[PDB]
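Co-structure: VTP-27999 and Renin.
One is the number of the first residue; the rest follow in order along the sequence. These numbers come from the heavy atoms of this one structure, side chains and all, not from hydrogens, waters or symmetry mates. Going by what the header records, the deposited coordinates were determined by X-ray crystallography, 2.2 Å. Whatever order the structure lists ligands and atoms in, that order sets their numbers, starting from 1.
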Amino acid sequence: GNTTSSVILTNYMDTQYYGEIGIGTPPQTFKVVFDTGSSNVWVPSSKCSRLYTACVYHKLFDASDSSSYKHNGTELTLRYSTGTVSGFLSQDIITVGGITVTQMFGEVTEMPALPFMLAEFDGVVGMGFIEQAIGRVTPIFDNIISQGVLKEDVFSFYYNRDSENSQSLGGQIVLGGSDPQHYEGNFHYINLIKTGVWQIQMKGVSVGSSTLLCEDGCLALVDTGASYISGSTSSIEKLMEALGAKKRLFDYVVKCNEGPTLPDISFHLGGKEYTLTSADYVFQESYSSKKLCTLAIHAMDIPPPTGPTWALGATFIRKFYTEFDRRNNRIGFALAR
Ligand SMILES: CN[C@H](CNC(=O)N1CCC[C@@H]([C@@H](OCCNC(=O)OC)c2cccc(Cl)c2)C1)C[C@H]1CCCOC1
Ligand SMILES: *[C@@H]1O[C@H](CO)[C@@H](O)[C@H](O)[C@H]1NC(C)=O
Ligand SMILES: [Cl-]
Ligand SMILES: [Cl-]
Ligand SMILES: [Cl-]
Ligand SMILES: [Cl-]
């Protein structure tokens, strides 16, 4: 096999990146987030009651309208950081890119307003391992590896900075490989800690000159479904104090005028420094000293077994094109352009 497919992604405000899949015959279209921190596929169901305002406001999958659809009906409940969704399993043909696979996915029938009323996407396509898939359902990239059509057993993410230009490419997933148009130089590869989670070892996090955090090592999940960088409550407090940031209800902020001269934050990964400047981590809506600007960094206490861990989300990926490699169990980073 030597096929590599591409899916264009929409970038909504540098916090939601999502692309299209088609389910059924004829294809029903869904906006989905490709999430390396999870491993199940789901979209909203036609059987989702109106009582779920979130079901009113998203695209629904109608089993009746698809000839390839095969019933299963087994209960499914998926819990994320954002909330819980539930429904049942269905099987059908899913297209992503030029690739068609038969897949088991969740038809969601309970979808809470918090926070799905704020999702610009309809569902999630988990790119994690079967070890994390609820119901041990075979993940879509695993069903794609099976077809043997892919040039290499890897996928990769380019996430762009949101642009006013009507033309800006919001982002791009490649199945089968990486697109040299969106990264410079060569990949630096880091080995997974273990198969089952896209998580690597991290040697420290430094803010400025001083190695402030994770001084004796810690973990980093590379999470394409995460908008921000996240660390544990106790690390983030330390980081935010170092930056003179203020915690609010939904976010952390800084005086907008102060943002540009805030220190770099570096992540020490596979012997190298991955550095994010304040231009990569502050949302500079203005530079006014009477306005507060949000940082693209927050606290998330991810529970064992996968946490405690940092998570490197779009804030980080924006800068570093990311290749997720299943064949060799490793992740490669190169400078995004
Ligand atoms: C395990 N991977 C995801 C972890 N994401 C997160 O924890 N957050 C922190 C809370 C808000 C989330 C944001 O998602 C945007 C998509 N993501 C992304 O475009 O990335 C670059 C979000 C914002 C608003 C509404 C909703 Cl439902 C979600 C991001 C699991 C996510 C995957 C998507 C469903 O929710 C679970
Ligand atoms: C649906 O999923 C359960 C999980 O494998 C399985 O036992 C069952 O055979 C499948 N249901 C049907 C109706 O085929
Ligand atoms: Cl059912
Ligand atoms: Cl889950
Ligand atoms: Cl720490
Ligand atoms: Cl940013």
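- Within this structure, VTP-27999 can be identified as ligand 1.
- In terms of polar-atom proximity, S38 is not counted as a contact of VTP-27999 (ligand 1), lacking any N or O under 3.5 Å from an N or O of the ligand.
- Among all non-hydrogen protein atoms, the one lying nearest atom 13 (C) of VTP-27999 (ligand 1) is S227 OG, 3.8 Å.
- Using a 4.0 Å cut-off between heavy atoms, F121 contacts VTP-27999 (ligand 1) through its side chain alone, with no backbone atom that close.
- At a heavy-atom distance under 4.0 Å, no atom of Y228 approaches VTP-27999 (ligand 1).
- Scanning all protein heavy atoms for the shortest distance to atom 19 (O) of VTP-27999 (ligand 1) gives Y17 N, 3.0 Å.
- Taxonomically, the PDB assigns the source of chain A to Homo sapiens.
- Atoms of VTP-27999 (ligand 1) found under 4.0 Å from any heavy atom of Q16 (numbered from 1 in listed order, with element): 15 (C), 19 (O), 23 (C), 24 (C).
- Listed by number with element, the atoms of VTP-27999 (ligand 1) under 4.0 Å from a non-hydrogen atom of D35 are 1 (C), 2 (N), 3 (C), 30 (C), 32 (C).
- One option in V85, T10, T36, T15 has a heavy atom closer to atom 15 (C) of VTP-27999 (ligand 1) than any other, and that option is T15.
- When heavy-atom distances to VTP-27999 (ligand 1) are checked against a 4.0 Å cut-off, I317 has no atom that comes that close, whether in backbone or side chain.
- Of the residues of chain A touching VTP-27999 (ligand 1), most belong to the UniProt domain Peptidase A1.
- Shown in contact with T224 at under 4.0 Å from a heavy atom are these atoms of VTP-27999 (ligand 1), numbered in order with element: 18 (C), 20 (O), 21 (C).
- Each of the atoms 6 (C), 7 (O) of VTP-27999 (ligand 1) lies under 4.0 Å from some heavy atom of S81.
- Contact annotation: for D223 versus VTP-27999 (ligand 1), heavy atoms closer than 4.0 Å belong to the side chain alone.
- Comparing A54, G171, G37, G225 against atom 29 (C) of VTP-27999 (ligand 1), the shortest heavy-atom distance belongs to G225.
- Counting only heavy atoms, the protein gets under 4.0 Å from atom 25 (C) of VTP-27999 (ligand 1).
- Heavy atoms under 4.0 Å from VTP-27999 (ligand 1) belong to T15, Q16, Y17, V33, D35, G37, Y80, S81, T82, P115, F116, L118, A119, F121, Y159, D223, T224, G225, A226, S227, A314.
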